[PDB]
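Figure: baloxavir in its bound pose on Polymerase acidic protein.
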Amino acid sequence: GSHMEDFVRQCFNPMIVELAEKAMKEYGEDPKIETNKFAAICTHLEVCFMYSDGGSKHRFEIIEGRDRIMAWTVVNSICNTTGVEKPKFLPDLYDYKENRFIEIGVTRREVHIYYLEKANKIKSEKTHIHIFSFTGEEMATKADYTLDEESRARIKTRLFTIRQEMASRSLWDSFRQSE
Ligand SMILES: O=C1c2c(O)c(=O)ccn2N([C@@H]2c3ccccc3SCc3c2ccc(F)c3F)[C@@H]2COCCN12
Ligand SMILES: [Mn+2]
Ligand SMILES: [Mn+2]
């Protein structure tokens with residue numbers, strides 16, 4: 001048992017920890033060994049849920065936090081009913097108001113370089129990209145940040161609090177140096 005596994009369980013709420021475990025077992029990874037990945041999946045889930053909380057009610061379809069098959073099922077219903085092209089890789093949300101999928105990224109590095117890697121990867125110019133960093137930076141496709149800024153600020157504050165919490169336990173260095 002890691003310091004990291006225990007920290008994750010006292011830092012994140014039980015719903016999120018549970019969903020992260022579901023996700024790792026969907027891909028055959030073990031939360032007890034891949035413990036930095038565990039912390040990151042938890043962090044990304046919380047950010048995604050905080051993000052969907054920022055819109056008006058009914059604004060977002062949440063695709064993250066579902067098992068692989070149901071996630072693609074919801075993407076299919078979105079595509080077959082809005083006419084949007086079906087992405088090749090699973091996004092995180094769908095914006096009913098702007099009518100585009102969103103890929104949310106959380107990075108230990110500089111937002112620029114993770115954004116490039118995502119934009120490279122998806123190869124689908126239709127999926128809007130929004131990166132957050134553990135230093136309070138963000139980067140969104142076409143400089144369009146989707147949410148108004150109080151909702152993005154909460155995410156950035158929470159990310160930095162996780163960073164401090166990890167650091168107070170000397171977990172932070174090992175966490176950064178695993179991307
Ligand atoms: O949806 C995601 C995903 C993202 O949306 C993302 O932004 C980064 C990374 N992702 N992935 C996450 C994930 C999410 C957040 C932080 C780290 C990881 S690391 C890979 C991994 C994921 C989930 C379970 C697992 F066992 C993994 F090894 C996989 C990529 O295949 C599509 C689904 N998924
Ligand atoms: Mn995802
Ligand atoms: Mn994501």
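Residue numbers count from 1 along this sequence. Side chains included, hydrogens not; waters and symmetry mates left out as well; all remaining heavy atoms used. According to its header, this structure was worked out by X-ray crystallography, 2.1 Å. Note that ligands are numbered from 1 as they come in the structure, with each ligand's atoms numbered from 1 the same way.
Here, the model contains baloxavir as ligand 1.
The nearest non-hydrogen atom to atom 31 (O) of baloxavir (ligand 1), considering only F38, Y27, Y114, comes from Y27. Contact annotation: for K118 versus baloxavir (ligand 1), heavy atoms closer than 4.0 Å belong to the side chain alone. Note: other ligands/ions under 4.0 Å from baloxavir (ligand 1) - ligand 2 (manganese (II) ion), ligand 3 (manganese (II) ion). Within a heavy-atom distance under 4.0 Å, baloxavir (ligand 1) reaches the following UniProt Mn(2+)-binding residues of chain A: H44, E64, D92, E103, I104.
Lab note: closest UniProt active-site residue in chain A to baloxavir (ligand 1), heavy-atom distance to 1 Å, was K118, 3 Å.
Applying the 4.0 Å criterion to heavy atoms of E29 picks out, from baloxavir (ligand 1), the atoms 26 (F), 28 (F). Baloxavir (ligand 1) has an N or O atom lying under 3.5 Å from an N or O atom of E64, backbone or side chain.
Around baloxavir (ligand 1), within 4.0 Å by heavy-atom distance, are found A23, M24, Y27, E29, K37, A40, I41, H44, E64, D92, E103, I104, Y114, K118.
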